[PDB]
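So the structure is just underneath, and the comments pick up after that.
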Amino acid sequence: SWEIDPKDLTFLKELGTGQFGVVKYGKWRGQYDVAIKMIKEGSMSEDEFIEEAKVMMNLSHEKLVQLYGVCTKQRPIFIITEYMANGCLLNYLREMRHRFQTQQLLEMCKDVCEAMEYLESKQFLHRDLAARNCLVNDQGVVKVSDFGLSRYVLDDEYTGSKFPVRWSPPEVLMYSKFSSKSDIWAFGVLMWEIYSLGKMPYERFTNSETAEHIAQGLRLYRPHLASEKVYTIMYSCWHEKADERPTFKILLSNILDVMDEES
Ligand SMILES: *CCC(=O)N1CCC[C@@H](n2nc(-c3ccc(Oc4ccccc4)cc3)c3c(N)ncnc32)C1
């Protein structure tokens, strides 16, 4: 049931290449749009990932990119997903032509927060939430992607020269303490990225420097497009004590309240 027959796929366009490799746009059974992520040989702990895919296929939320199945009886293995025509959120935010309104940016945060509240409800950690992981569909809806996938990456630079230092709380950087509250911290950084139109967090600093900054209790500061009420929500994600950070349920309530006040 987790297995797609790759003979049912037609390849139409190259979408680009990440750490597992090439992603293509195509159709399933001649008609339905899909994305096809091809997992480069040596890149993944594939038997672990296949077992996890069974769980991932039962996750279902409107703001979570849907995993349709996998193709594992050849290599490279394929992950078949919902097609997100507007591509990765980070590049979408950096296109200045969009001329976003702040109501649109707030909606992007709300989309992600809904997805994360749903993952929170299923005790499923993202583990690498960031704008580079989120996707945007043809209607401008942002959805969370690549959820949990970092667990199966075999390149140790990621697991590190390529680790997501700029999206990690103090306890992760100091002790490798992952939790729901590390996803919360990352979500605040993602809200910062959205309101900053895709600026790299701590843009003047190296990763090493960033980790020192955070150790000394310093923080990102208010994007020009964020109101004080929006800044309060993102900043709440960065409490030094993990247990004092909000849940995604609380964050969602905070976001809806601001939407209502900023209407
Ligand atoms: C930033 C440029 C860009 O738009 N990118 C990066 C290059 C590929 C492109 N893209 N990737 C996917 C996609 C992501 C993740 C999965 O698999 C997955 C695994 C675990 C959990 C959820 C999903 C498959 C495909 C794209 C999709 N779906 N649509 C369009 N472009 C996609 C994004």
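FYI, the numbering just counts along the sequence from 1. Whatever order the structure lists ligands and atoms in, that order sets their numbers, starting from 1. Side chains are part of it too, since the values below use all heavy atoms of this structure and drop only hydrogens, waters and symmetry mates. This entry, so its header tells us, was determined using X-ray crystallography, 1.1 Å.
- The molecule at ligand 1 is the drug named ibrutinib (bound form).
- Ranked by contacts, the chain bound most extensively to ibrutinib (bound form) is, in UniProt, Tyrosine-protein kinase BTK.
- The closest UniProt active-site residue in chain A to ibrutinib (bound form), going by heavy-atom distance rounded to 1 Å, is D128, 11 Å.
- Residue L90 places no heavy atom under 4.0 Å from ibrutinib (bound form).
- In chain A, the residues that UniProt lists as binding clofedanol and that have a heavy atom under 4.0 Å from ibrutinib (bound form) are these: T81, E82, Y83, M84, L149.
- The option from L135, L15, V23 that lies nearest to atom 33 (C) of ibrutinib (bound form), judged by heavy atoms, is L135.
- The closest approach between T81 and ibrutinib (bound form) falls below 4.0 Å for a heavy atom of the residue.
- Counting residues of chain A in contact with ibrutinib (bound form), the top UniProt domain is Protein kinase.
- Among the dasatinib-binding residues UniProt records for chain A, the set within 4.0 Å of ibrutinib (bound form) by heavy-atom distance is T81, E82, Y83, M84.
- Lab note: covalent bond from ibrutinib (bound form) to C88 SG.
- Residue-ligand proximity: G18 is placed with every non-hydrogen atom at 4.0 Å or more from ibrutinib (bound form).
- The residues of other chains having a heavy atom under 4.0 Å from ibrutinib (bound form) are listed as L15, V23, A35, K37, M56, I79, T81, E82, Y83, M84, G87, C88, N91, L135, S145, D146, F147, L149.
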